[PDB]
Chemist: 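Submitted below is the structure of interest, expressed as C-alpha cells.
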Amino acid sequence: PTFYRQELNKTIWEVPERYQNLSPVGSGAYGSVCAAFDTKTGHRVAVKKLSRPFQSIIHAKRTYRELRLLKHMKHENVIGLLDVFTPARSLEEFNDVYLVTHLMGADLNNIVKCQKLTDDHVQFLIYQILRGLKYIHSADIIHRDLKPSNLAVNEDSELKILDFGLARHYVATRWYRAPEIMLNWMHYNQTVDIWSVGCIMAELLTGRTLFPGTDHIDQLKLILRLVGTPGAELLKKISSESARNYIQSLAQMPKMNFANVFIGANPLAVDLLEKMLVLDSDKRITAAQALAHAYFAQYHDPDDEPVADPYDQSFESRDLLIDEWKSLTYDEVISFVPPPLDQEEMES
Ligand SMILES: Nc1nccc(-c2c(-c3ccc(F)cc3)ncn2C2CCNCC2)n1
Ligand SMILES: N[C@]12C[C@H]3C[C@H](C[C@H](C3)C1)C2
Ligand SMILES: [Ca+2]
Ligand SMILES: [Ca+2]
Ligand SMILES: [Ca+2]
Ligand SMILES: [Ca+2]
C-alpha cells in the first residue's frame, strides 16, 4: 500500500491511502486517536497511533500487551481490531504501530450529561457493559479502572469497553474504582469491575456522581456512609497498619437502605445496585450473574452472551529485552488477520 503523511496532534502520522479524512478525536491509553473513513468498506474507523511504543522496556511490553489483547477481543461490546499497520518495511525500520477499530463517537459521559435517561435506556447501557465484562472476565482479564470515559458509545447507544487489561508498571478520576484497588488492598478478583458498574449505574439513574471524593480518605468516607462500616474480616485485606487503625477508629455507620438513596428508581435497579455495591468482593455479584438479574429481562439472551477463547498471558511474568518485545510485536502486526466485515447472523 501507498502511505501518506499528515500532521495530526502536532506529530506526523503515516497511514495507508485506504484511510482518509483523518481528524483527531482524543487520546487513548498510550496513544492518540483519529477518526477516519475506510475507503475499502465505506465504514468509519478510529485509528490509534501508539506514542513512543518502543522507547523503553515499559513501553515495549505495554505495546505488545495491548496488541495481543486487542487481537484476542472478539465481542460486540469490547473494542477489537479491524486492522493494524505500520509504515515500516522491515523489523529494522519498525518504530510506529497503528491500531484500527470501528468508530465510536462518544463516551458514556456524553450520554448522561445532557440527557434525562429513561430506565429502559439505562438498562441497555448497563446490560452492554456487563456483557462485555462477562467476556473479558472469562479470559482472566480484569479492567481495574472501568469508568464512563473508558466506555465508548456510538450514535445508537451501542457501547464497547476499552483500555482494559492495561498497566503493570495525567490525573485520573478514582470515583469509580473499586475500594480494594484505590486503597491497594492485598487481594482482589474480577468483581473490582462490578463495583465500577455499580458506580456508573448509580450516576446514570440519578445524574449525580455516587462517590465524588476529594481524596482517597474522603472517597472512602463517602463509600462507608452508603455501605456501612466493614467488619474486622475486611481488615484482613489491608497491609498498612496505619490504614487499618484509621478505618477501625471511624465511628460506626449503618448501611443505608438503597431504596431511600435512589428514590423513584425501578426497584429492580435498586436491588441490583445492592448486589454490586458491596465492600466484600467475595460477596459481590459477578458479570454473568448480573446478566440474569430481572432488571435486564427485556434484553437478556443467553445465546448472545458469549465467553472468550482461552487467552495465554504467560508473557506477563517474563522480562525480555526491548528488541525482543519489539520483534514479538512486529510478528503480531504481520500475522494479524482482519475479520470479515459481517461477522453476525440473525438469531435462533
Ligand atoms: N472515537 C473512538 N472510537 C473508537 C475507539 C476510540 C479510542 C481508542 C482506540 C482503541 C483501539 C483502536 F484500535 C482504535 C482506537 N482509544 C481511545 N479511544 C477513545 C478516544 C476518546 N475517548 C473515547 C474513546 N475512539
Ligand atoms: N453520593 C452519596 C454520598 C454519600 C453516600 C450516599 C448517600 C449520600 C452520602 C450521597 C451517596
Ligand atoms: Ca437476541
Ligand atoms: Ca449479517
Ligand atoms: Ca450492527
Ligand atoms: Ca436464540
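Positions are given from 1 along the sequence. These numbers come from the heavy atoms of this one structure, side chains and all, not from hydrogens, waters or symmetry mates. Looking at the header, which is where the method is noted, we find X-ray crystallography, 1.4 Å. Just so you know, ligand 1 is whichever comes first in the structure, and atom 1 is the first atom listed for that ligand.
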Chemist: What is ligand 2 bound to in this structure, taking the chain with the most contacts and naming it as in UniProt?
Modeler: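 The chain with most contacts is Mitogen-activated protein kinase 14.
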Chemist: List the drug name recorded for ligand 2.
Modeler: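 The PDB calls it amantadine.
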Chemist: What residues end up in the site of amantadine at 4.0 Å, going by heavy-atom distances?
Modeler: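 Heavy atoms under 4.0 Å: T209, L210, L222, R225, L226, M256.
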Chemist: Only heavy atoms of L222, strictly under 4.0 Å: list the atoms of amantadine that pass.
Modeler: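 So the answer, numbered in order with elements, is 4 (C), 5 (C).
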Chemist: What atoms in amantadine come closer than 4.0 Å to a heavy atom of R225?
Modeler: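 Numbered from 1, amantadine contributes 9 (C).
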Chemist: Could you tell me which UniProt domain of chain A does most of the contacting with amantadine?
Modeler: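 According to UniProt, mainly Protein kinase.
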Chemist: Could you tell me whether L210 and amantadine have an N or O pair separated by under 3.5 Å?
Modeler: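 Yes - when backbone and side-chain N and O of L210 are compared with those of amantadine, one distance drops under 3.5 Å.
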